[PDB]
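Here the structure is laid out as structure tokens; the discussion comes afterwards.
Reminder, nothing fancy here: chain letters follow the sequence lines and each chain counts from 1. So this one's X-ray crystallography, 2.0 Å, going by the header. As a basis for the values below, the full set of heavy atoms in this structure was taken, side chains included, without hydrogen atoms, waters or symmetry mates. As the structure lists them, so they are numbered: ligands from 1, and atoms in each ligand from 1.
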2 protein chains.
Amino acid sequence: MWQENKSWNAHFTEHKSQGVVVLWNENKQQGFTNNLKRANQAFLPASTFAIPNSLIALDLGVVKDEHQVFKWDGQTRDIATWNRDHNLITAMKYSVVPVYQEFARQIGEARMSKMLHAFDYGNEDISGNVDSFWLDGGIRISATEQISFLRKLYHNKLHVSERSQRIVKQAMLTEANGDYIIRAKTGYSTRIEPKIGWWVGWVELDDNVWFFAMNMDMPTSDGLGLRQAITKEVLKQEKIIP
Amino acid sequence: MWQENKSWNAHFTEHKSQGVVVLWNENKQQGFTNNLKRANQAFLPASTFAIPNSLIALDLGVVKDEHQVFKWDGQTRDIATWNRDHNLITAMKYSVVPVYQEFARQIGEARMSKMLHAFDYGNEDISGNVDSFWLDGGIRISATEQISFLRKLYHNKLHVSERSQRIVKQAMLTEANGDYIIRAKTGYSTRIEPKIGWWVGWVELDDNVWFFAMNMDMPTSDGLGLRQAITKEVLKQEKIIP
Ligand SMILES: *C(=O)[C@@H]([C@@H]1NC(C(=O)O)=C(S[C@@H]2CN[C@H](C(=O)N(C)C)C2)[C@@H]1C)[C@@H](C)O
Ligand SMILES: *C(=O)[C@@H]([C@@H]1NC(C(=O)O)=C(S[C@@H]2CN[C@H](C(=O)N(C)C)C2)[C@@H]1C)[C@@H](C)O
Ligand SMILES: [Cl-]
Ligand SMILES: [Cl-]
Ligand SMILES: [Cl-]
Ligand SMILES: [Cl-]
Ligand SMILES: [Zn+2]
């Protein structure tokens, strides 16, 4: 069911990094990770919460479709890509928290809490601000729990409309070529130690789907690109992508 | 509305090719092409008919979803990738005609004809075999008419279910990265002269969509890569993609 491949640790060490990568082979129903312990340690989701947030906002009508413009509120913020108008697609690409904070406010505590339990998402705890608990509140999720959640979304098995799940998987589109499609979401948790980076999603092949969930210590922002780089090095090592 | 930029002809001549590239800027409602007349010249759609064929097959229940497997019929054909099982996604990726011919037969002449008129697709003429009319029958469509049809598909404004249009646009996914998304379908018409290549689809940017339809004379198969190459060289020249 679960095998620990410690050879993947070389990909972390070669970049002076530490963390965990979790892969799940959907065809054979087998999981693989370099660190079974960290694979099951729960962290703040941070921007990876964009996925369940978007599904709920769509299903409840808070967002009509992927085209609806979310106008800038005027306030100029630290990340330049947030200082512009956005829709559901671009909000996910640039992890525009103000947009998702508005999503959560209109959803409300009671509906957020019920939906996350319906999703079986993480520790299902929204303690803190209804609109920042995924950044500095009580919600925690592990890499293996991210896989379980992503597998339901892939199969349209989440307790929301099929349309909601199709739209969010469209927004998750990150890379595509003749060899594979990657649908994924990055995360960068800074408000509580340990500071970590996330990359969760899956790789679509012609005849299989490989889900992945990785997190790594991120004491500084210069190594953010290692989230994708280390994951792809493991994918390349396992001959899942060329 | 329309503007002719004859400088793009260099991209055809430098490859000893002739053809047309038609671009449509969705935000500005403006069109650009190297050849206004050939932009309106109608040809057999060939494999680009996979788009309306898939929409109809989905809307009528011929195809249940993008996962339904269509078993290889055992008949060994010249294109190896056709000699395997396929779903709606890999059927479009590998242009598997036998799959689409099975689609057409189950749709029927009467429903095929009614839907192409509802789609306002080309000259709406299905004369010939119900399972080969887009290959060697009477249907004809121009590059500008392809854009007209694709614009309706993008906006979910075709006379089919929204789910049907979302699934087909997922199957059209051809390339994606941090700069753009290309949803498109290639074509290669070899049954009736003149032999031509097609590439129709659109480029998704953060804040705009650039629809494109190109076709070119294809006397020899070694030029098939020029369908994408010439299109991307024009896209680069217009600073649409890096
Ligand atoms: C979500 O976790 C946070 C935001 N998400 C990300 C991320 O997933 O990378 C960032 S960092 C952002 C991405 N690249 C930008 C950059 O370095 N430059 C443009 C120079 C910054 C956000 C912090 C959310 C909690 O804020
Ligand atoms: C459709 O027009 C025909 C098929 N479509 C294509 C095509 O769009 O390329 C081919 S060629 C085949 C599939 N893609 C491969 C390719 O482009 N190269 C590797 C060069 C090989 C078919 C002929 C249909 C009517 O047969
Ligand atoms: Cl933040
Ligand atoms: Cl699992
Ligand atoms: Cl998609
Ligand atoms: Cl053929
Ligand atoms: Zn060239």
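At ligand 1, the drug present is meropenem (bound form). In this structure the chain with most contacts to meropenem (bound form, ligand 1) is the one the PDB entry names Beta-lactamase. With heavy atoms closer than 4.0 Å, the chains neighbouring meropenem (bound form, ligand 1) read A. Protein non-hydrogen atoms do reach within 4.0 Å of atom 4 (C) of meropenem (bound form, ligand 1). The residue from A/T81, A/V96, A/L44, A/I79 that puts a heavy atom closest to atom 21 (C) of meropenem (bound form, ligand 1) is A/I79. Rounded to 1 Å on heavy atoms, the UniProt active-site residue in chain A nearest meropenem (bound form, ligand 1) is A/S47, 1 Å. Within the listing of meropenem (bound form, ligand 1), atoms 1 (C), 2 (O), 3 (C), 4 (C), 5 (N), 24 (C), 25 (C) sit less than 4.0 angstrom from a heavy atom of A/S47. Taking a distance limit of 4.0 Å, we find that atom 24 (C) of meropenem (bound form, ligand 1) is approached by some protein heavy atom.
Listed by number with element, the atoms of meropenem (bound form, ligand 1) under 4.0 Å from a non-hydrogen atom of A/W82 are 26 (O). Covalent bond for meropenem (bound form, ligand 1) in this entry: A/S47 OG. At a 3.5 angstrom cut-off on N or O pairs, A/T48 does not count as close to meropenem (bound form, ligand 1). Of all atoms in meropenem (bound form, ligand 1), numbered sequentially from 1 with element shown, those under 4.0 Å from a heavy atom of A/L135 are 25 (C). Geometrically, meropenem (bound form, ligand 1) and A/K185 share no nitrogen or oxygen pair separated by less than 3.5 Å. Looking at A/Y188 next to meropenem (bound form, ligand 1), an N or O pair under 3.5 Å apart turns up. At a 4.0 Å heavy-atom cut-off, meropenem (bound form, ligand 1) touches A/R227 through the side chain alone. Considering backbone and side-chain atoms together, A/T186 places an N or O closer than 3.5 Å to an N or O of meropenem (bound form, ligand 1).
According to the PDB, the organism given as the origin of chain A is Klebsiella pneumoniae.
For atom 8 (O) of meropenem (bound form, ligand 1), a protein non-hydrogen atom is found at a distance below 4.0 Å.
In summary, the atoms of meropenem (bound form, ligand 1) found under 4.0 Å from a heavy atom of A/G187, numbered by their order in the structure, are 2 (O), 8 (O). Below 4.0 Å from some heavy atom of A/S95 lie the following atoms of meropenem (bound form, ligand 1), by number and element: 4 (C), 5 (N), 8 (O). Defined by non-hydrogen atoms within 4.0 Å, the binding site of meropenem (bound form, ligand 1) is A/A46, A/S47, A/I79, A/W82, A/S95, A/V97, A/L135, A/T186, A/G187, A/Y188, A/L224, A/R227.
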